[PDB]
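Entry with polythiazide: notes follow.
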Number of protein chains: 2
Amino acid sequence: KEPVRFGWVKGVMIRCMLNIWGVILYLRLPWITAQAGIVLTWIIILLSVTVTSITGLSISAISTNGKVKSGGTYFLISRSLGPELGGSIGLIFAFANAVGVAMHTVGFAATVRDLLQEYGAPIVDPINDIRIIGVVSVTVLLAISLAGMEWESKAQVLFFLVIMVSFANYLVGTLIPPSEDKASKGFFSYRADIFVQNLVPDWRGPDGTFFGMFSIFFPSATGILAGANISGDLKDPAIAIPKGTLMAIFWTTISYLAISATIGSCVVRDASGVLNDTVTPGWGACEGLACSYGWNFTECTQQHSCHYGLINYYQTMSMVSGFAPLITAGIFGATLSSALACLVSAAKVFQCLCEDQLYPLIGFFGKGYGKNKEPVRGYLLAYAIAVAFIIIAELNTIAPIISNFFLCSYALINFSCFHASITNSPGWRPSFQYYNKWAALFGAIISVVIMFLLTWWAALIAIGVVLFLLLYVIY
Amino acid sequence: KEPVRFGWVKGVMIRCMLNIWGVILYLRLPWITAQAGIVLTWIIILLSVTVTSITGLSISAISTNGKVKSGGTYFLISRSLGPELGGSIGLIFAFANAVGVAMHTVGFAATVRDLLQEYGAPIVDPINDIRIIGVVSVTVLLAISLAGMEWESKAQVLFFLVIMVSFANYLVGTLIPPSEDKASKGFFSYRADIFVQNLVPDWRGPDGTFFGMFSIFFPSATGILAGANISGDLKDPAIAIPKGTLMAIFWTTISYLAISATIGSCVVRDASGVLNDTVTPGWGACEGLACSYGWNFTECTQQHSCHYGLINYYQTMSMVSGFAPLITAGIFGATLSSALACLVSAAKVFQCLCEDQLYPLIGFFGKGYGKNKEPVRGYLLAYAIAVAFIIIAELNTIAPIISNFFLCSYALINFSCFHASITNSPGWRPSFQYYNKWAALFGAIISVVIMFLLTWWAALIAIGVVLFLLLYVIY
Ligand SMILES: CN1[C@@H](CSCC(F)(F)F)Nc2cc(Cl)c(S(N)(=O)=O)cc2S1(=O)=O
Ligand SMILES: CN1[C@@H](CSCC(F)(F)F)Nc2cc(Cl)c(S(N)(=O)=O)cc2S1(=O)=O
Ligand code: NA
Ligand code: NA
């Protein structure tokens with residue numbers, strides 16, 4: 001019985017798009033489109049995908065240099081800068097993936113808890129819901145992923161169709177002439193007067209700054225290494241990984257642009273929500289854009305004390321849509337898919353690190369064979385860390401450190417491509433057309449600049465952990 | 001004719017105390033003693049001298065390992081971590097010393113300009129005074145230092161006696177019962193009631209924070225490598241450098257403690273300066289500590305709008321003193337001595353780098369022999385940079401970068417001592433008693449933590465310059 005291999009659509013493209021897409025697409029992008037306007041949000045998106053396209057070109061070059069087993073993303077780091085950084089960056093990549101599993105399972109459990117709190121009775125605790133649901137969900141994900149990889153691929157296809165159904169739902173919803181309940185909350189159909197007004201920024205609050213929007217959005221656009229972490233499970237990686245990875249980046253970027261430019265042309269930033277703010281003939285005069293449509297939000301705007309509209313309501317995308325439960329289904333398929341992708345990625349990197357003769361730090365973890373063609377000893381190690389960080393359940397002070405563990409890998413991958421190309425390393429002959437050393441160097445510099453520019457003490461902790469591991473291995 | 005050698009008093013101790021002592025001793029320490037109180041200022045001082053004592057122990061260990069020529073402070077960095085960091089850290093040490101020459105000559109020229117603006121007519125420009133005076137002063141310093149090193153040593157002894165005379169002046173001044181002019185500005189003799197009141201903090205203003213006081217004070221306590229940069233000009237460095245360096249640190253620390261604890265027991269933080277704030281019998285009641293001595297500063301304290309007292313007047317030390325011109329003489333001897341020490345240090349490191357066969361980057365600078373036993377080609381290179389940065393004359397936005405160039409050297413010296421001691425390097429047998437690897441490691445970590453904690457973008461620029469030099473040498 002031969003093992004199973006995947007094509008470039010179900011092996012690289014679907015996985016990369018599903019790992020890129022998260023809950024920012026549903027819960028924060030329409031709000032970023034309000035704080036910053038349409039054109040400046042487009043600039044945010046295009047500045048964020050510039051780093052990931054350069055990293056994608058370095059990854060595509062690495063893939064056209066030979067055959068690499070699954071989880072060997074750090075082999076060029078260890079081959080170009082020594083096996084003590086390579087193993088340490090591999091061990092920190094695999095740990096960040098396992099903590100990302102917990103950060104996505106917590107996000108799924110929060111949605112389920114909010115869903116339960118509205119329909120019926122919860123359990124006695126408000127925050128132990130997030131713990132029980134998180135543990136049961138990660139155990140179900142572990143079961144499906146440990147039952148083979150065809151089942152994991154079928155689950156990923158299910159999540160992809162759920163997300164496409166949510167997109168079609170929202171797009172049909174924006175085309176229906178408004179009802180009273182929608183129009184009172186700020187939704188008007190595609191209008192020429194709302195497109196123009198929403199093009200320019202309107203900053204409000206403590207985080208209402210261009211750098212704050214960049215900080216919220218940038219970490220969500222990463223996730224382009226999901227198809228390259230299973231390179232040994234593909235029919236032919238040297239054609240699959242470049243094409244799939246770059247098509248995934250292109251199409252997620254187009255979806256991000258279309259959603260912002262269409263939400264910004266339908267919903268005004270301020271609305272009351274109550275049904276008796278229609279025009280009263282002879283009410284002197286009213287101020288606001290919606291007056292010409294028949295609504296009066298003057299009291300809100302003057303007092304700044306109502307909770308609807310594009311800039312006040314985080315759930316505006318769910319109400320523009322034709323049927324609201326399908327957006328919740330999309331959120332489920334967007335968080336579970338990323339948790340599953342991160343779990344598979346962490347398991348395979350851990351399994352590659354446990355069988356590394358040049359990095360013998362953690363090779364002692366295996367006692368039972370677990371020879372069922374699956375990384376059982378990398379699955380249990382990822383599951384243990386994921387459950388431990390789910391029990392904590394408060395992960396918003398740990399997210400910067402985990403997100404800098406991912407930019408250290410980006411910096412070292414790009415610099416290893418540059419260092420191997422300028423030194424004429426003996427055995428580095430990439431055949432990808434659109435690769436160039438100076439682009440890789442720029443990516444390596446920008447990754448570290450962004451690392452320190454997001455939060456400097458988290459960057460210090462990340463580099464300190466890398467250094468402690470590297471020096472403990474040497475001594 | 002043999003060359004001249006110096007003992008441990010005139011070669012290490014005087015030079016180190018004169019480079020440590022600057023203008024913070026005269027113009028900012030009495031104000032730090034007001035913002036933070038006596039005990040918390042003592043904590044500031046003892047936390048700052050903890051880093052420099054550990055670095056002094058590493059330097060003393062380096063000095064008891066053989067004979068090193070003058071300027072070879074980076075030889076252990078290059079011997080323990082490769083000749084591409086050693087030369088780069090040497091080249092950045094020598095450049096920071098030459099910029100420090102300009103930062104001290106500008107401080108001398110500012111004092112002379114203020115002195116001239118009060119007595120007579122200046123030249124037509126207010127800021128070109130600082131340029132003409134700076135250039136002429138650095139040329140005179142270059143002349144005396146290029147005329148041999150006995151003359152430089154005699155100038156240093158002159159500066160030391162001037163500083164001691166200023167200290168005796170101030171200490172006699174604090175013991176004289178107050179006059180009307182002094183008592184009106186806030187000076188009362190040693191009182192028990194003012195010691196107690198001044199022990200606890202009183203924060204005011206934007207920089208009135210413990211971290212702000214630390215930021216102002218810490219960079220001034222460094223300067224402990226002035227006696228180790230001329231190690232090849234001493235009778236026997238292996239006994240001279242440890243004893244002199246540690247005695248210098250000890251005595252400058254004791255002077256810093258005594259000045260703060262005696263200025264804090266004499267001057268109240270708020271005073272008016274005008275002579276008719278004495279007690280009027282029957283003026284209801286007055287609020288403040290000085291009332292029991294016969295003065296009334298209620299209007300000031302309520303309105304926060306007068307310019308005398310320990311926390312408002314930067315020149316309080318000059319008015320407590322018996323004769324005021326001697327404090328200005330002390331300021332002259334405190335800035336010129338540091339400029340001369342930095343110029344000699346930069347010249348000798350540049351001359352050691354120009355004769356290095358393992359770091360051939362700048363060995364091309366020498367055409368004329370200049371064989372008069374003096375680093376002529378390291379003197380002219382230091383003089384050119386000093387004059388170029390004096391012409392700019394605005395150096396308070398460059399000081400953080402230059403001050404991080406000095407903490408990078410501290411971090412790499414300490415880490416090179418640790419790395420050589422744990423690896424059992426072949427030829428590293430220090431015979432200093434009070435050396436220990438873990439103290440050196442702690443010093444190396446604390447230096448980088450402080451580097452990033454003072455100002456993170458300046459630390460990024462410093463590490464980026466080091467990295468650019470290191471990588472340009474490798475490729
Ligand atoms: C959305 N993710 C962000 C981190 S944001 C949440 C945080 F972890 F920061 F808390 N970065 C990456 C990067 C990669 Cl490369 C991969 S992956 N599976 O391709 O290797 C996965 C992720 S992610 O899914 O965790
Ligand atoms: C008072 N100085 C501070 C820097 S504060 C002013 C700034 F430069 F930051 F702008 N640090 C050092 C360190 C050393 Cl080691 C030496 S020296 N001659 O021993 O090598 C001299 C100096 S300093 O005199 O420049
Ligand atoms: Na997803
Ligand atoms: Na001095």
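Naming convention: chains lettered A, B, ... in sequence-line order (proteins, then strands); numbering from 1 in each chain. Just follow the structure's listing: the first ligand is 1, and inside any ligand the first atom is 1. Note that these values count all heavy atoms, side chains included, but never hydrogens, waters or copies made by symmetry.
- The ligands or chains attributed to polythiazide are ligands 1 and 2.
- Tallying contacts with polythiazide (ligand 2), the largest count belongs to the chain named in UniProt as Solute carrier family 12 member 3.
- Every other chain with a heavy atom under 4.0 Å from polythiazide (ligand 2) is named here: B.
- UniProt polythiazide-binding residues of chain B with a heavy atom under 4.0 Å from polythiazide (ligand 2): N19(B), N97(B), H104(B), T222(B), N229(B).
- With heavy atoms counted under 4.0 Å from polythiazide (ligand 2), the transmembrane segments of chain B in UniProt's N-terminal numbering that qualify are 1, 3, 6, 8, 10.
- The 4.0 Å heavy-atom shell around polythiazide (ligand 2) contains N19(B), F93(B), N97(B), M103(B), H104(B), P219(B), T222(B), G223(B), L225(B), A226(B), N229(B), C342(B), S345(B), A399(B), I402(B), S403(B), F406(B).
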